[PDB]
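Quick look at a structure containing tafamidis.
Each chain gets a letter, A, B and so on, in the order the sequences are listed, and its residues count up from 1. Just the heavy atoms: all of them, side chains too, but no hydrogens, waters or symmetry mates, feed the values below. Numbering of ligands and ligand atoms starts at 1, following listing order. Per the header of the entry, the method used was X-ray crystallography, 1.5 Å.
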4 protein chains.
Amino acid sequence: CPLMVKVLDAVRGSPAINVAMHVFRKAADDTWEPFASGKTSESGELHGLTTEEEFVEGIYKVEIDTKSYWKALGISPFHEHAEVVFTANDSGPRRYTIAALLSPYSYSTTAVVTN
Amino acid sequence: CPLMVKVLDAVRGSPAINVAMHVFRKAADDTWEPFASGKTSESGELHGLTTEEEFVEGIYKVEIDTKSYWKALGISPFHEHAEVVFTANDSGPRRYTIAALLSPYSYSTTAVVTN
Amino acid sequence: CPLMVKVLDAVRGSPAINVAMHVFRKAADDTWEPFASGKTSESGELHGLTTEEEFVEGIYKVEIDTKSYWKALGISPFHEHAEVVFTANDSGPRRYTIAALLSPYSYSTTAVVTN
Amino acid sequence: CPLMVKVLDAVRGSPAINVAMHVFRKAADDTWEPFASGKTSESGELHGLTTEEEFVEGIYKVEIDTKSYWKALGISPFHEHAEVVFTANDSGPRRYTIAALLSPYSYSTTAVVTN
Ligand SMILES: O=C(O)c1ccc2nc(-c3cc(Cl)cc(Cl)c3)oc2c1
Ligand SMILES: O=C(O)c1ccc2nc(-c3cc(Cl)cc(Cl)c3)oc2c1
């Protein structure tokens with residue numbers, strides 16, 4: 001699993017469950033092409049987005065649908081979504097975890113890149 | 001001043017100075033139209049992006065060019081930029097402060113919205 | 001003003017108003033001695049805690065009473081308080097802004113240190 | 001495992017390895033009594049701090065030695081340590097994960113409390 005996403009909720013103190021997300025890869029014409037998508041599990045995780053063969057170097061965007069998550073909880077949010085845009089770089093063996101911590105008017109995101 | 005941006009550096013413990021950013025507004029055709037741009041001052045603030053008249057209801061995107069900021073400090077960071085996407089002025093005019101706190105592999109953002 | 005505190009609320013998207021906090025300074029006997037206290041204003045800021053003369057070198061602790069803040073908003077939060085412990089003025093006088101961003105189960109803090 | 005700690009590094013984009021931490025429980029005389037301690041693993045985790053029988057309701061403090069972590073990396077940090085102070089409450093079956101994301105001048109912490 002070269003790419004996985006972990007989403008946490010700072011209001012409930014829990015994983016953020018059933019959060020939809022879309023992953024895009026930047027194409028040659030500078031447009032965002034759909035690459036992978038899914039919904040977070042009961043543990044706030046989304047595994048199986050891609051494979052080592054498919055996940056080549058390039059610029060990727062992970063769009064997390066935070067607005068729909070907060071609306072389903074009956075809480076007024078600020079953001080339309082949270083976006084994480086990064087370049088995947090082959091240095092040596094790398095596994096990427098994108099983590100996000102959500103609040104109605106704020107979000108934080110970090111990357112955990114390991115061998 | 002209805003839209004202000006404050007950027008802080010979590011490595012140095014300082015305002016993030018000379019950070020470029022571009023603001024876009026979603027048009028009727030679902031494309032991102034350029035709206036305003038500028039760079040942060042010595043206090044890490046960017047003022048005067050727009051006016052109460054021009055800042056109508058809409059979906060806005062603030063793209064903070066964090067990769068250029070870190071590269072100039074000798075750090076190869078994870079993200080291409082930090083993006084803040086939100087609906088503005090849909091319940092009438094509000095004043096928005098978008099704040100961002102930057103690290104090489106992480107960022108946080110929050111909004112302060114006043115009437 | 002050599003020591004200022006700014007507190008924001010990530011649920012409401014507003015300054016965190018009327019937040020109490022207590023500042024302590026470590027004494028020679030390794031105990032926390034009371035140093036200053038106050039509460040945040042309508043802008044979420046607390047100014048005038050100390051003076052350049054009184055704010056000598058030392059280890060300081062800023063204890064922000066976040067549990068009382070959330071309880072008054074109808075939220076039973078996770079933390080008792082948010083604590084910020086740091087050495088100040090060990091390379092000469094500096095001006096410190098301690099910022100905190102609050103959610104019911106999370107908090108973030110940063111410092112802006114200027115000469 | 002009723003209590004575990006996850007520490008991440010926002011400068012390196014990695015787990016924070018070999019971070020020492022101390023857990024204390026508030027005693028009747030309002031003093032902090034040592035309860036458990038250890039150092040984070042290669043995954044930034046610290047497991048086996050306590051057991052379900054020992055981890056009773058009370059006020060706990062997790063002190064993360066961030067200063068020594070940054071000094072070992074040759075980076076000047078702001079904080080002496082990061083403190084997380086909370087009440088453990090029996091509602092139903094609960095497992096607590098305290099997570100922290102570290103930068104030299106900032107830290108963020110959240111709680112993930114699950115069944
Ligand atoms: O000193 C001021 O005036 C000032 C203004 C805006 C501010 N936003 C923060 C802040 C933002 C994020 Cl996203 C996370 C954290 Cl920990 C802190 O600190 C501020 C300080
Ligand atoms: O319990 C786990 O396994 C687990 C994994 C990844 C995690 N990422 C965080 C985290 C992320 C941000 Cl952006 C801000 C903060 Cl305060 C915390 O906490 C985690 C916990």
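The largest share of close contacts with tafamidis (ligand 2) comes from the chain named in UniProt as Transthyretin.
Other chains within a heavy-atom distance below 4.0 Å of tafamidis (ligand 2) are, by letter, A, D. The residues of other chains having a heavy atom under 4.0 Å from tafamidis (ligand 2) are listed as A/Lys6, A/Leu8, A/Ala99, A/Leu101, A/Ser108, A/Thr109, A/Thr110, D/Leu8, D/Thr97, D/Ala99, D/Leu101, D/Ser108, D/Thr109, D/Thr110. For tafamidis (ligand 2), the atoms lying closer than 4.0 Å to a non-hydrogen atom of D/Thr109 are 16 (Cl). Residues of chain A that UniProt gives as binding L-thyroxine and that have a heavy atom less than 4.0 Å from tafamidis (ligand 2): A/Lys6, A/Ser108. Each of the following atoms of tafamidis (ligand 2) lies closer than 4.0 Å to a heavy atom of D/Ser108: 16 (Cl). Organism for chain A, as given in the entry: Homo sapiens. Tafamidis (ligand 2) places these atoms under 4.0 Å from at least one heavy atom of A/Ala99: 8 (N), 13 (Cl). Those atoms of tafamidis (ligand 2) with a heavy atom of A/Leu8 less than 4.0 angstrom away are 9 (C), 18 (O), 19 (C). Interface of D/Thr97 with tafamidis (ligand 2), defined as ligand atoms under 4.0 Å from a residue heavy atom, comprises 1 (O). The protein non-hydrogen atom at the shortest distance from atom 5 (C) of tafamidis (ligand 2) is A/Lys6 CE, 4.0 Å.
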